[PDB]
Visitor: 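I have a structure here, written as C-alpha cells, and I will follow up with some questions on it.
We number chain A the way the PDB entry does; in order, the residues shown are 19-279, 332-515. So this one's electron microscopy, 3.2 Å, going by the header. Whatever order the structure lists them in is the order used to number ligands and atoms, beginning at 1. As a basis for the values below, the full set of heavy atoms in this structure was taken, side chains included, without hydrogen atoms, waters or symmetry mates.
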Amino acid sequence: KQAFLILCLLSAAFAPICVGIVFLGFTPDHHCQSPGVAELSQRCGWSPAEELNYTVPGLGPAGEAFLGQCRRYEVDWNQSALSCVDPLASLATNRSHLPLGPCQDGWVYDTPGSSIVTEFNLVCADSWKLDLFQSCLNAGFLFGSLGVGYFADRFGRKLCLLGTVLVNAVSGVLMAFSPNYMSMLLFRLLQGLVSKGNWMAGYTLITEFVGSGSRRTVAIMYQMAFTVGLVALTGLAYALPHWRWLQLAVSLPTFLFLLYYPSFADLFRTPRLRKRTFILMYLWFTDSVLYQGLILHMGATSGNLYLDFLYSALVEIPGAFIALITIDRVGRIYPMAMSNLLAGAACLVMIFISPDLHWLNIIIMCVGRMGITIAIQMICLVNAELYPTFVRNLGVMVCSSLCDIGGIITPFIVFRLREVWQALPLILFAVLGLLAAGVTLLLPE
Ligand SMILES: C[C@@H](Cc1ccc(O)cc1)NC[C@@H](O)c1cc(O)cc(O)c1
C-alpha cells in the first residue's frame, strides 16, 4: 500500500519527463518582428489578422509557409509614404518581387504562454535544436542504462536509489532555472541518466514485493500509474500556461518521495537465440519509435492538443485492461501481432484522412495508441519469459536499450523528416508497424 503508493507516484512522475516536450516545447505561429510595424498599425488602426495580411509575406503557392515564418519584406515601415489601406500596394504590383530578409530583429509569437521554442527562438535554422532536447533525453536513458548496472554493482542498493532520486529531483528543478540552452541540455541529459534508473528500480522493487500470483496485475497497475501521470501532466499544462511554472510543478512531486523519509555473447552465439533476440530487439525498437512518434506527431499537428492528449491517454486504460484479460484468456503472440497490425493500419489510414476530419483523425489516433499500448504490455512479458532467468536481466537491459536508440532517432524523423513531406513520417510508421506485425508471427507461443 504505502510502498505501492510511492512507487506508483514515481512512475506517474516519470511520465512528465518522458513526454513533457509536447507541452514545454510547443511551437506557435510566428513571424519576423520588425520596427515601425506596431507604430504603423497604431497610425492606421490595423486589426491583428489584418495587420498580418498587410505585413507578413504571403504563404505562397500550395504551401511554403516557411517564407512567411522565416522571412520578412526588406521594407522601411517607418516611411510615412506607405499607404494605410495597403503599404505594399505603394511599393510593388506583385508582393513576390519585394526583397526578403531573415528575422534578424527577432520573432513575434502568437501565444499568451511560453515554451522553450518561444524563449530560446528554436525556430527556422535553429528548429532542429528543439528535437535535440528529446535526443539528449534519450541519450541520457541510453548511457544511464549502462552506468546504473555498474553503480549498483559497486554501491549499495538503497543508497543508489536514494541518490538517483535526489539527482533526478534536483536536476529537474534546476532545469526550470536554466539560463541558456546548453545548460538546459546538460540538466536534461543528467535527468535522462537517472530517470530510467529510478523507474526500472521501482519496477524491480514492486515486482519483487508482489508474488507471481499478482505480479502481472501490479505491473499493469504500475503502467496505469504512468497513464495517470500523463493525465496529471495534461491538467498541469492546461492550468499553467508557462513552461517554467510547469517544470517546477512537474519536479516537486519527486520531493514527496524524498519527504516520505554475464557473457554478452550468449545472446548471439546460438543462431536460434540470436534470431529471437533480433526479433525482440526489432519489436522493442518499433514500439518505442511508434509510441514516441505518435505522441510527438500529435503534439506537432493536433489543433486541440489538451483534449487530443487527454483522450489518447485515457484510451491507454482500455488497452491495458484488454491486455490484462487477453494474456490470460487468449495468449500473447497473435494478440501482439494484431495490435501491431492495428497500429500500422491506423498509421496508414491517417495518411489518407483529410485533416479537416479531426473528429475522425482523433479516433484513428486513439485506435493506434490503444494498439501500441497493448503491444507495449505484451512485449514486456514476452521479452521476459523468452529468456531464462540467468539470461533475462542481460537480455532485457540490452533490448530495452534499443528502445532508447530509437528514442534518439525518432525526434529527427518526426521534426525534420516531416519537413520534406507531411505524410512521410506516417509512411515510415506504417511500414515499421506492419513489418513488426509480420515479424511477430515468427515467435513461438
Ligand atoms: C523507455 C521505457 C522503459 C521500459 C523498460 C522496460 C519495460 O518492460 C517497459 C518500459 N519507458 C518509456 C516508454 O517506452 C513507455 C511508455 C509507456 O506508456 C509504457 C511503458 O511500459 C513504456
Visitor: Look up in the PDB entry the name of the chain making most contacts with ligand 1.
Guide: Solute carrier family 22 member 1
Visitor: Which drug is recorded at ligand 1?
Guide: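 It's recorded as fenoterol.
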Visitor: I need the residues around fenoterol for my notes - heavy atoms within 4.0 Å, please.
Guide: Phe32, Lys214, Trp217, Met218, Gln241, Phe244, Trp354, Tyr361, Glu386, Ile446, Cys450, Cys473
Visitor: By UniProt's count from the N terminus, which transmembrane segments of chain A have non-hydrogen atoms under 4.0 Å from fenoterol?
Guide: 1, 4, 5, 7, 8, 10, 11
Visitor: Return the organism named as the source of chain A in the deposit.
Guide: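 Source per PDB: Homo sapiens.
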